[PDB]
Each structure stands twice: as C-alpha cells, then as structure tokens.
Amino acid sequence: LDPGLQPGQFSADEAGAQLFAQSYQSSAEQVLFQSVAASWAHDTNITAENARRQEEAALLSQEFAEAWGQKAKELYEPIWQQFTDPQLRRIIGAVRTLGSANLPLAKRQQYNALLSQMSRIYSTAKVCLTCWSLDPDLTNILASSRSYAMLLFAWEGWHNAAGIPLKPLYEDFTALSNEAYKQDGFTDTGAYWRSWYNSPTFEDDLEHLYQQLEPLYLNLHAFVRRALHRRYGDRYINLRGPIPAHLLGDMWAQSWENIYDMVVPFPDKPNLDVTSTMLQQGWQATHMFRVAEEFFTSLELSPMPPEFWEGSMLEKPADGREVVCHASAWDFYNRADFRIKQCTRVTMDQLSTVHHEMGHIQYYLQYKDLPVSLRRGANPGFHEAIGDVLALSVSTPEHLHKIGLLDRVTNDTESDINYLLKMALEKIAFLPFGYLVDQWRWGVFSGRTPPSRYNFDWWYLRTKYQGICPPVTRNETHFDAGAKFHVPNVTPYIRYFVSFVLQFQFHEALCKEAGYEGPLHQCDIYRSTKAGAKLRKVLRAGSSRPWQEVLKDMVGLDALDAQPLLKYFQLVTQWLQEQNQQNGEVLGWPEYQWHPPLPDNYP
Ligand SMILES: *[C@@H]1O[C@H](CO[C@@H]2O[C@@H](C)[C@@H](O)[C@@H](O)[C@@H]2O)[C@@H](O[C@@H]2O[C@H](CO)[C@@H](O)[C@H](O)[C@H]2NC(C)=O)[C@H](O)[C@H]1NC(C)=O
Ligand SMILES: CCC[C@H](N[C@@H](C)C(=O)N1[C@H](C(=O)O)C[C@@H]2CCCC[C@@H]21)C(=O)O
Ligand SMILES: *[C@@H]1O[C@H](CO)[C@@H](O)[C@H](O)[C@H]1NC(C)=O
Ligand SMILES: *[C@@H]1O[C@H](CO)[C@@H](O)[C@H](O)[C@H]1NC(C)=O
Ligand SMILES: [Cl-]
Ligand SMILES: [Zn+2]
C-alpha cells in the first residue's frame, strides 16, 4: 500500500477516532475511485486485460481495507460502540468490517478471480443455432414472441448457457465469502447482508408483510393464468397448476408488464402501453434520460452534471465490443463523476428503468458531501425506491398525456381498472420473486442448501412463491439461480422486496405533501417543489441516521407497512377477486407436480 494511503497514529479515544476518520476519508476516495474506475473500464469493455486490471484494483482495495480496518480495531475495538458521536460510530463500525480483506492473499486472489470469471460468464453467454445475446435478443423474444416453442428455446437456451458453467464457481465463491465474513463475527455472509437493516426481527417482519400481500398475488396469478389458457390451450396451461415460467414476458417471470395486451380488462379504453407511441415518435435513449432528468428538476432536485452526460453509456455499443448490459448507476466517490451504464431500448418499461437508475444517481448527488462511509441509502431498500417513486407519477395516464405519450384523456372506472391491472403486472407480480431470491441465497450461505440441492431448492421456492414451473426438465447439473444477474454479480436482492413496499409509503407521503387530494393511484407529484424538499431531506441523510428515524420523519411511521400498497391497489384487488369467483377459478396451484409437455417438433 502506497505510503500516502497507509494509516498513521491516533490516540485511543473519540477525539483520535475523529482525526482517524478524516485521514481515512482523504485516502479512501482515491482507493474507491481507482476500484470503480477499473470496474467501469471492464464492464463497458469486457477483455482479459481489463479483468486483470480490475483484479489488481480490487486487491489494492483489500490492502487498504485491511490496513485501516486493523488499525481501527487496534485503537477503538473496546470503545467505538460508546462514542457520543453517532455518525462517527457508524464510520468506525464500517471501517472495522474487513470482509474479503480478512482472507489471506492467495484466497483474496481466488475470490477476486471468481467474481471476475462469474461476471464474464453471465455477461458473455450466448444462445446459438449466429448467436443471440440476452440483451437485446432474448429479452425481445421473451417480451413479444407468443410462440410457445420460440419462448421455450430462448428460456432453456439462456438458463443452460448461463447457469451450467457458473455452478462450480459459485460453490467456491460461497465458501470464500463465508470464511471472510466469519472473521468479522458473522455466522455467514447472509447474516452480514441482513445486518444492514439493523432490525432483530427482520425475517419475521418480512414474512408478516408477505402474508398481507400474498392474496393480491394469488388473484393476479389466477386471472393471468386464465388469459394464458385462452391463448395457449389446455395442453400447455393447467388451470390448477403452476404457470410455465417462460410465458410471462420476462426471462425470470419477475414482472409481467409485457403480457399486458393479453390480459387487459377493457380494450376499448385508452391504450396504456405507450411503447408504440414512443417508436412512432422516434424516441431515443438520450430523450428518455432527458425526460427523466426534467422530472427531477421539476421537484427542484439536481440536474445530471456534465460529467454524467460525457461519461455515461446509454446505448449498447454498435462496434460489437462486449459489455455488461444489465443497467447500473455508478458513484466514483470523487464527488464529480457519476454515470449510468445501460443498454437502453425504446420501450415504456425501459423508461421506468431509466427513472430507477436516475434515482440512484440523484441519491449520489445529494449525499456526495458526506464521509465516504455514509454515502449509501438509509438502508439498501431506500436506494432502490427513489426512482420507482417518481416513475409511479410518470406512468399515470394524466402524466403521460402531459409529455405527449397518451392523446386520449379518460377518468372512469374501466380506465382505472386497466391502469391498476397494468401496475399490478409490474409491482404485485414481482413481490414473490423479490422475496424468494434471498431466501434461496440465505439458505446457500448458511449451508441449509448445499451444492447438491441448489436447483431443487431454487425451484421449490419458485413454485412455492411464484406458482411457476420450469417448461423443460431440470436436474442438479442445471443452476437456474445462476441465470439471474444478481447471483453471479453478488448483488443482494431483498432490497427490491423492501423497495416495492417502501415506494408506496413514500408515494403516499409525497402526494399528501404535494397537497393532492384524490385517489392515490392518480397522483402526479410533477412540479411539486414541496414534495421535492421532503424527498431531498431523505437523500441528503445518506446512512448517517437509522433508517427507522428517517422513515418516521418522512412518512410519519417507523416501520415498513403494506397499507399504502394495499390502498393504491384497492379497486383492482376487489375487482380481481370478483372476476376470479365468477369464473370459478382455483386460487393457487394445487397440482404442484405439473409440468407442461414438450412442443411437437422441439427443438
Ligand atoms: C377522476 O374522478 C375522481 C372521482 O371523483 C369524482 O368526484 C366528483 C369530483 C365528481 O366529479 C364525480 O363524478 C366523481 O365521483 C376524482 O376524485 C375526487 O377528487 C376530489 C377532489 O379532488 C376528492 O375530494 C374526492 O374524494 C375524489 N373522489 C374519490 C371519492 O375518490 C379524481 O380527482 C379524478 N381524477 C382525475 C385524474 O381527474
Ligand atoms: C447492480 C444493481 C443493478 C440494478 N439494475 C436493475 C435493472 C435491476 O436489476 N432491477 C431488478 C431486476 O431487474 O431484477 C428489479 C428492480 C425493480 C425495477 C426495475 C429493475 C430493477 C439496480 O440499479 O438496482
Ligand atoms: C477496450 O480495452 C482494450 C484493452 O483491453 C483497449 O485497448 C481498447 O481501447 C478498449 N476499447 C475502447 C474503444 O474503449
Ligand atoms: C441432466 O439433464 C441433461 C439434459 O436434460 C442430461 O444430459 C443429464 O444427463 C442429466 N443428468 C445429470 C446427472 O446431469
Ligand atoms: Cl439488501
Ligand atoms: Zn437499483
């Protein structure tokens, strides 16, 4: 470790720890910057040489974290917890957690290389026979093909191509990750991930939320299953069984927006999916990002700085070059550089993804002046909810009218149901998936799910929560979890479930602050400077305060609460129940063993 980056001497008391944290912050920004910069260079240009550089940078980060971590322990182990300064305890608590820097050097290299190889396999995997990429080719097929055989070819092809080679690497990664975090005092990596919520009853609290939400999902599922049955027939759709996992518009069946045209209750009302209008009008990536920015500035939040426009990658590069297409928002930790990397396509769901990613950036802009350790959301679910809350206003027919994407205006019960059903396809359908992913991973980290049961336990959870089944046979050579970006990229997932509840709590509070006084689902906070000020206080706080207190100031309650979500969806919840009863549906999938046959000439 370069001399200028190494820790000096500090007295063993709160006054020294303040000087320590300031010296740390000088050197940390340089170290974070080089790490993020090397990751950027790799992820926008996947080559062997860029992976090598990234590995070296990660290694430097570890040397940094070890030196400053072990000094923090040496001086403040017995006493950091009793510091008067809450911000300082949070800083010292972060610096003392070494993570992968607890591993000896040879295992650090192995860990760094596994992350790099797993990333590569996911982002370069192809389906052949002339080769399709995930983004855009398979994405587009899952979205818009209504051919059972074509969808199956894409689904199976992707799961096989990405999952199978990841399996041996993921096993080695899990063992190293656990060994690392066990030296920080955690029973397993999952226990560390959960510690971010700073709640002793986190798992129970989440289970209690899911219990309230489950009926909404069961009714949506049943209604959609019926529509699919009318399309695909009795051979491929079982009205008492799980839905084949490739038919819901998305590779992971995680949001069902893309099958909106098959399930729309009242097709004579305005067409609420404005993708065809965006194409018809010649929208490009750059317009999408400008439109999102202007929402932010309408609230008197910050514009994207020059550095964002100059540095970002907003389209898939046309020179063939390999990139990580999965959308992400980047803080370089120098208070100047912030970027989005997205292989943007011109669709309505991409418009929401653009807002999601710009949400992250906005967080980074508002807390950039905090100590590095505090540059994060109050919890990870907060960071995930910011852009989604704005996108709730954007997708309102009223708002779409104002930005020229929906010519016809209507305010009637049928139009309301169409809108709420579309939003349910996006939000309610996702809930089981958001909850299940880390239940899977927590099991793997704890050792409840050994390699020999990775796929069996994955599909157990997929069926249990989503009520889907694999459309071809799977065995433990398959590693279907590995075909979802966040697993090889080691990104936690429970944040999204938290986000999907929290965003409706935020929505409710911001609407009320805006002075709006109609139905919650018709609220648009566009141009509300007051809503903007309330959101700004959250973003500026970073992780400097407990998330429960931040939530209380914002929404008036110190806990996650499903009631705002329930209220938002109330009309369609009631409608869907009524539709399902009158059609005599079975709620759930009691033929839990059922799988569809292979199509006649498959492949
Ligand atoms: C769309 O219409 C709803 C329905 O409410 C109307 O109430 C009267 C204003 C009258 O127009 C009736 O035909 C409808 O029943 C509007 O919501 C109401 O808004 C007022 C004040 O903004 C509020 O006090 C009411 O409680 C609201 N209605 C209820 C009970 O939900 C709504 O504002 C209209 N939305 C748009 C996008 O124009
Ligand atoms: C490294 C994390 C990237 C991630 N990228 C997005 C596209 C993402 O993976 N997700 C999650 C997903 O796509 O699995 C769901 C989440 C809900 C709204 C839109 C997409 C959001 C993010 O910015 O959280
Ligand atoms: C991609 O990386 C290679 C080396 O790995 C480098 O020489 C090349 O310039 C990069 N491509 C672009 C255009 O960024
Ligand atoms: C798993 O499935 C594939 C194809 O369906 C097959 O080749 C393989 O032998 C199966 N069993 C094992 C033990 O992997
Ligand atoms: Cl998380
Ligand atoms: Zn996100």
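Residue numbering for chain A follows the PDB entry, covering 1-129, 135-608 in order. Because only heavy atoms are used, hydrogens play no part in the values below, and waters and symmetry mates are left out as well, while side chains stay in. Whatever order the structure lists ligands and atoms in, that order sets their numbers, starting from 1.
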Looking at ligand 2, what drug do you see? perindoprilat
Find the chain with the greatest contact count to perindoprilat (ligand 2) and give its name in UniProt.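 Largest number of contacts: Angiotensin-converting enzyme, soluble form.
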For atom 1 (C) of perindoprilat (ligand 2), what is the closest protein heavy atom, and at what distance to 0.1 Å? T496 OG1, 3.9 Å
Under 4.0 Å, heavy atoms only, figure out whether perindoprilat (ligand 2) is touched by the backbone of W257, its side chain, both or neither.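 Near perindoprilat (ligand 2), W257 shows nothing, with every heavy atom at 4.0 Å or more.
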Element-labelled atoms of perindoprilat (ligand 2) that are located less than 4.0 Å from some non-hydrogen atom of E362: 5 (N), 6 (C), 7 (C), 22 (C), 23 (O)
Backbone or side-chain N or O of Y501 under 3.5 Å from perindoprilat (ligand 2) N or O: yes
Considering distance alone, does some N or O of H365 sit under 3.5 Å from an N or O of perindoprilat (ligand 2)?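 Yes, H365 has an N/O under 3.5 Å of an N/O on perindoprilat (ligand 2).
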What protein heavy atom sits nearest atom 8 (C) of perindoprilat (ligand 2), and how far off is it?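 Checked against all protein heavy atoms, atom 8 (C) of perindoprilat (ligand 2) sits closest to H331 NE2, 3.6 Å.
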Looking only at protein heavy atoms, identify the closest one to atom 12 (C) of perindoprilat (ligand 2) and say how far it is in Å. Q259 NE2, 3.2 Å
State if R500 counts as touching perindoprilat (ligand 2) under the rule of any non-hydrogen atom under 4.0 Å.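 For perindoprilat (ligand 2), residue contact (heavy atoms, under 4.0 Å) with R500 is absent.
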Structural part of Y498 in contact with perindoprilat (ligand 2), heavy atom criterion under 4.0 angstrom: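 Just the side chain.
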Enumerated perindoprilat (ligand 2) atoms positioned under 4.0 Å from heavy atoms of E389: 24 (O)
Under 4.0 Å to a heavy atom of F505 - the qualifying atoms of perindoprilat (ligand 2), by number: 17 (C)
For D393, is at least one N or O under 3.5 Å away from an N or O on perindoprilat (ligand 2)? no
Contact with perindoprilat (ligand 2) for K489, non-hydrogen, under 4.0 angstrom: yes
Main UniProt domain of chain A at the interface with perindoprilat (ligand 2):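 According to UniProt, mainly Peptidase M2 1.
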Going by a strict under-4.0 Å cutoff (protein heavy atoms only), does atom 16 (C) of perindoprilat (ligand 2) have a neighbour on the protein?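 Flag for atom 16 (C) of perindoprilat (ligand 2) set to true, protein heavy atom closer than 4.0 Å.
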Nearest non-hydrogen protein atom, atom 20 (C) of perindoprilat (ligand 2):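 That would be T358 OG1, 4.7 Å.
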Among the heavy atoms of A334, does any lie under 4.0 Å from an atom of perindoprilat (ligand 2)? no
